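Opening notes on lopinavir bound to MDR769 HIV-1 protease.
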Amino acid sequence: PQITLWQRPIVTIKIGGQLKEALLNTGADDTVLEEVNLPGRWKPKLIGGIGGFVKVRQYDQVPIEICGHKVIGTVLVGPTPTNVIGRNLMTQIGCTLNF
Amino acid sequence: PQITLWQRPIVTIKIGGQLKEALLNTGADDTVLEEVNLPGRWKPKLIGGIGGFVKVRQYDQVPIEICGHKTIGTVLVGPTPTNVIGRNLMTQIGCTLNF
Ligand SMILES: Cc1cccc(C)c1OCC(=O)N[C@@H](Cc1ccccc1)[C@@H](O)C[C@H](Cc1ccccc1)NC(=O)[C@H](C(C)C)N1CCCNC1=O
């Protein structure tokens with residue numbers, strides 16, 4: 001799609017058999033989602049860092065659908081004020097900024 | 001331009017007679033820039049909010065050039081870990097997310 005930015009670019013993602021809402025966040029390197037139980041191995045990742053890091057679980061090669069774009073990418077699972085689709089997944093969906 | 005998101009979408013902005021780097025941040029409602037002296041009236045704005053707000057100065061109708069695109073928009077001036085072009089200015093430059 002073409003998403004204008006008058007509103008927060010919140011998109012529906014499908015991940016871990018759940019439909020979630022997430023913000024297409026070009027300011028985020030990574031994709032951080034709250035409350036998904038992703039299967040399989042993960043490794044700890046420290047994210048944030050300003051005032052301390054937040055430990056999240058990094059799951060790699062996660063199938064995630066973003067606006068009916070099935071991609072695969074790293075999803076960090078842990079506390080996030082809002083579910084964020086970061087650049088890592090936006091590149092997968094071939095999402096670009098255009099002006 | 002079409003900006004792919006493999007890297008942080010840092011763009012050069014021209015504001016307050018200065019060339020600055022700023023992140024095209026679709027996750028940011030507002031544009032927050034540090035160390036720009038903007039002329040004229042401003043009103044305080046509280047931004048952030050998680051753990052407390054940061055007070056910044058809201059300058060309205062600021063001429064700002066983003067990747068050569070002259071636009072006018074609200075620029076919040078105050079502490080920001082990175083200069084952020086938020087959606088408010090991305091709409092002005094006609095920046096959209098596309099995939
Ligand atoms: C910067 C970074 C480094 C390593 C790894 C990752 C994933 C990184 O990126 C993630 C990140 O923190 N991104 C921020 C930028 C960053 C760079 C440097 C230090 C810290 C962060 C920023 O761009 C987007 C971020 C959206 C956000 C989403 C969920 C929780 C919190 C914030 N947007 C916002 O914070 C704004 C501000 C003004 C309040 N915002 C979010 C509330 C509602 N209003 C609003 O407009």
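A, B, ... follow the sequence lines: proteins, then strands. Residue 1 opens every chain. Determined via X-ray crystallography, 1.9 Å. Just follow the structure's listing: the first ligand is 1, and inside any ligand the first atom is 1. Hydrogens, waters and symmetry mates are skipped; everything else that's a heavy atom, side chains included, is used.
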At a 4.0 Å heavy-atom threshold, what other chains are in contact with lopinavir?
->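 By heavy atom, the other chains are A, B.
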Pick whichever of B/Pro81, A/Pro81, A/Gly27 has a heavy atom sitting closest to atom 18 (C) of lopinavir.
->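 Going through B/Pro81, A/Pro81, A/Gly27 one by one, B/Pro81 has the nearest heavy atom to atom 18 (C) of lopinavir.
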When only distance counts, is A/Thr80 in polar contact with lopinavir, meaning an N/O pair under 3.5 Å?
-> no
Atoms in lopinavir flagged as close to B/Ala28, the criterion being non-hydrogen separation under 4.0 Å |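 Checking each atom against B/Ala28, I get 46 (O).
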Shortest reach to atom 23 (O) of lopinavir by a heavy atom, considering only B/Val32, B/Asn25, B/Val84 | B/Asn25
Numbering as shown, the atoms of lopinavir that approach A/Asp30 to under 4.0 Å (heavy-atom distance) |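 In order of numbering, the contacting atoms are 5 (C), 7 (C).
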What atoms of lopinavir come within less than 4.0 Å of a heavy atom belonging to A/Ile50?
->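 Within the 4.0 Å cut-off of A/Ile50, lopinavir contributes 19 (C), 20 (C).
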contact_flag B/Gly48 lopinavir heavy-atom lt 4.0 Å |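 The answer is yes: lopinavir sits under 4.0 Å from a heavy atom of B/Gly48.
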Do me a favour and list the nearest non-hydrogen protein atom to atom 2 (C) of lopinavir with residue, atom name and distance?
-> A/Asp29 OD2, 3.4 Å
What label does the PDB record give chain B?
-> MDR769 HIV-1 protease
For lopinavir, indicate whether the residue B/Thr82 contacts it via side chain, backbone, both or neither (heavy-atom separation under 4.0 Å).
-> side chain
Can A/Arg8 be said to touch lopinavir, with heavy atoms closer than 4.0 Å?
->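 Yes; A/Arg8 lies near enough to lopinavir that a heavy-atom distance drops under 4.0 Å.
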Could any protein non-hydrogen atom be found less than 4.0 Å from atom 21 (C) of lopinavir?
->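 Given the 4.0 Å cut-off, atom 21 (C) of lopinavir does not count as touching protein heavy atoms.
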Which residues, given by chain and number, make up the 4.0 Å heavy-atom shell around lopinavir?
-> A/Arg8, A/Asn25, A/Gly27, A/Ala28, A/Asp29, A/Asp30, A/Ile50, A/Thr80, A/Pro81, A/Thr82, A/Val84, B/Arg8, B/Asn25, B/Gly27, B/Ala28, B/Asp29, B/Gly48, B/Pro81, B/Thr82
Could you list each N/O atom of lopinavir together with any protein N/O atom closer than 3.5 Å, one pair per line with the distance?
residue: lopinavir; atom: 9 (O); partner: A/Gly27; partner atom: O; Å: 3.2
residue: lopinavir; atom: 9 (O); partner: A/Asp29; partner atom: N; Å: 3.3
residue: lopinavir; atom: 13 (N); partner: A/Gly27; partner atom: O; Å: 3.1
residue: lopinavir; atom: 23 (O); partner: A/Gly27; partner atom: O; Å: 2.9
residue: lopinavir; atom: 23 (O); partner: B/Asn25; partner atom: OD1; Å: 3.4
residue: lopinavir; atom: 23 (O); partner: B/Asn25; partner atom: ND2; Å: 2.2
residue: lopinavir; atom: 33 (N); partner: B/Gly27; partner atom: O; Å: 3.3
residue: lopinavir; atom: 44 (N); partner: B/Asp29; partner atom: OD2; Å: 3.2
residue: lopinavir; atom: 46 (O); partner: B/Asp29; partner atom: N; Å: 2.7

